[PDB]
Amino acid sequence: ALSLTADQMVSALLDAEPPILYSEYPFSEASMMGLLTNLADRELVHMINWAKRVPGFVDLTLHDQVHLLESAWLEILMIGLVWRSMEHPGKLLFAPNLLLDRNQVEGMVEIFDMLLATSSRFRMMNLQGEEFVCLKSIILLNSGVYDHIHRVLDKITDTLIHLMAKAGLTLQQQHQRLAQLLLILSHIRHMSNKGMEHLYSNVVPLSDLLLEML
Amino acid sequence: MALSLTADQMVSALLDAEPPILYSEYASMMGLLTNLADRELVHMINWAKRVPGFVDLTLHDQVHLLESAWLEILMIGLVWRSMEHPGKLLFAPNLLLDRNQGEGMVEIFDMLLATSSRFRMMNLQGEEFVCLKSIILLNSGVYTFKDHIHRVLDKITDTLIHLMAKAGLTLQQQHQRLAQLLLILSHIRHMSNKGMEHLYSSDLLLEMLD
Ligand SMILES: CC(F)(F)c1cc(F)ccc1-c1sc2cc(O)ccc2c1Oc1ccc(/C=C/C(=O)O)cc1
Ligand SMILES: CC(F)(F)c1cc(F)ccc1-c1sc2cc(O)ccc2c1Oc1ccc(/C=C/C(=O)O)cc1
């Protein structure tokens with residue numbers, strides 16, 4: 001974990017990427033929720049396989065692994081959502097067969113627009129895939145900490161910087177972009193909080209799930 | 001305007017803009033905190049107006065940023081004051097509450113303690129603190145409304161790095177510490193949302209700015 005170079009870290013994260021799942025082959029509030037709920041359920045399974053391939057995660061106790069996934073699972077789904085929705089302005093790509101707009105469930109339009117704004121921010125910054133997988137790993141490891149983990153987090157920070165330095169950015173630009181990316185995570189946390197609020201205002205067996213994976 | 005300020009000039013402006021540490025009046029624990037928060041809000045507006053680049057913004061934008069960040073700013077201030085008091089939160093010098101003094105807020109309290117311990121373990125400096133508080137003000141509501149904000153945010157980033165470089169930290173330790181600090185802002189946002197929904201369980205901002 002702490003032995004990996006920045007390049008080894010990147011390739012390991014890239015190859016550990018979860019597959020793009022499909023929705024079940026007009027919508028109502030109930031039907032829309034059912035599709036999204038089912039999609040998220042099947043995605044959680046792959047998220048666990050991905051998490052167990054994130055450097056330093058399996059080094060943790062099963063107790064800590066459950067706690068980190070329980071806190072970050074919606075954040076991870078959301079950043080995954082806004083990432084694949086980058087090439088679709090004004091639209092969210094939940095699934096290749098499920099591309100929705102603003103007009104496409106009461107109480108969700110606020111978080112929907114927040115996800116759209118985040119996607120536009122990534123597109124404006126021209127977020128790269130190598131940067132995306134680093135941000136996703138950070139979310140997993142940081143969302144539920146409150147010195148092994150912090151050292152792994154520092155390693156991912158070095159990896160991000162390495163990617164920016166290799167891209168030709170000046171050290172000032174490296175620090176600025178790093179700051180810009182990590183501040184977005186605060187907004188992703190915000191969207192998750194509102195999401196966890198609204199959703200639980202069917203798919204929560206991460207403790208159950210992770211244990212049956214063993 | 002503020003885009004011409006140096007790192008040291010940015011620090012000096014923020015340090016001198018710092019709000020005073022208010023006192024509590026010499027169950028009803030909520031009443032005291034509500035009153036304290038009310039009086040702190042007035043000074044927060046004065047502080048915000050002195051944050052470099054904040055007055056260059058639309059007033060409606062100034063209001064939006066303040067309403068989105070006001071609890072985050074109150075909390076990071078609390079965490080800052082409580083740094084030298086392990087296991088306690090210093091809402092006021094005469095209002096120092098323990099963990100068990102903290103229905104349901106014991107969760108919010110523990111998160112505030114944990115944040116206080118981290119800043120203590122990181123040995124957060126005052127110059128770093130005022131920068132973090134400035135970031136919170138400018139970043140918390142930027143995705144719920146122009147490019148001026150991001151420019152100002154970029155120079156606060158420049159300021160933070162400068163402070164770390166002056167402290168003697170290596171260039172690797174600089175971006176690592178920068179990352180650690182900003183990741184804590186995510187948890188502060190989390191505490192605010194959890195706090196905001198408990199206060200649940202703001203158009204007067206324009207008046208104070210008018
Ligand atoms: C706006 C919105 F739809 F994204 C959205 C707005 C919110 F307030 C909250 C969540 C969302 C999301 S984002 C996520 C991204 C994707 O990769 C896949 C699914 C969707 C998921 O839909 C979901 C997600 C989880 C559940 C769980 C319910 C249960 O356990 O009973 C139900 C529907
Ligand atoms: C008490 C606590 F910190 F745990 C806590 C847990 C939460 F879930 C949410 C907020 C808090 C806090 S943090 C803040 C830090 C300080 O500088 C000053 C006061 C306190 C404030 O007490 C408050 C703050 C605001 C209000 C608003 C009431 C209204 O508008 O009517 C009421 C009480």
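All chains are named by letter (A, B, ...) in the order of the sequence lines, taking the proteins before the strands, and each is independently numbered beginning at 1. The analysis underlying the following values was restricted to heavy atoms, covering all of them including side chains, and did not include hydrogens, waters or symmetry mates. For ligands, and for the atoms within them, numbers begin at 1 and follow the listed sequence.
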>> Can you remind me what the drug at ligand 2 is called?
In response: LSZ102
>> I'm curious which chain is the main partner for LSZ102 (ligand 2) in this model - what does UniProt call it?
In response: Estrogen receptor
>> I'm curious which other chains sit close to LSZ102 (ligand 2), say any heavy atom under 4.0 Å. Can you tell me?
In response: B
>> Regarding LSZ102 (ligand 2), does B:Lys194 bring an N or O atom to under 3.5 Å of one of the ligand's N or O atoms?
In response: no
> Side chain, backbone, both or neither: which part of B:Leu112 comes within less than 4.0 Å of LSZ102 (ligand 2) when only heavy atoms are counted?
Replying inline: side chain
>> As an exercise, identify every atom of LSZ102 (ligand 2) less than 4.0 angstrom from a heavy atom of B:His198.
In response: 8 (F)
>> If you take the nearest heavy atom of each of B:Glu72, B:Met75, B:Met29, which one is closest to atom 13 (S) of LSZ102 (ligand 2)?
In response: B:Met75
> Which of these, B:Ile21, B:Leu33, B:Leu71, B:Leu36, has its nearest heavy atom closest to atom 33 (C) of LSZ102 (ligand 2)?
Replying inline: B:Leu33
> By number and element, which atoms of LSZ102 (ligand 2) are closer than 4.0 Å to a non-hydrogen atom of B:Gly195?
Replying inline: 7 (C), 8 (F), 9 (C)
> UniProt 17beta-estradiol-binding residues in chain B with a heavy atom under 4.0 Å from LSZ102 (ligand 2)?
Replying inline: B:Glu40, B:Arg81, B:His198
>> Contact between LSZ102 (ligand 2) and B:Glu197 is defined here as a heavy atom of the residue under 4.0 Å from a ligand atom; is it met?
In response: no
>> Quick check: B:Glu40 and LSZ102 (ligand 2), any N/O pair under 3.5 Å apart?
In response: yes
>> As an exercise, identify every atom of LSZ102 (ligand 2) less than 4.0 angstrom from a heavy atom of B:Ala37.
In response: 24 (C), 25 (C)
> Across chain B, in which UniProt domain are most residues that contact LSZ102 (ligand 2) found?
Replying inline: NR LBD
> Which neighbouring residues and nucleotides define the binding site of LSZ102 (ligand 2) at 4.0 Å (non-hydrogen atoms)?
Replying inline: B:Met30, B:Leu33, B:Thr34, B:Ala37, B:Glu40, B:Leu74, B:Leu78, B:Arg81, B:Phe91, B:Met105, B:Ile108, B:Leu112, B:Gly195, B:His198, B:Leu199
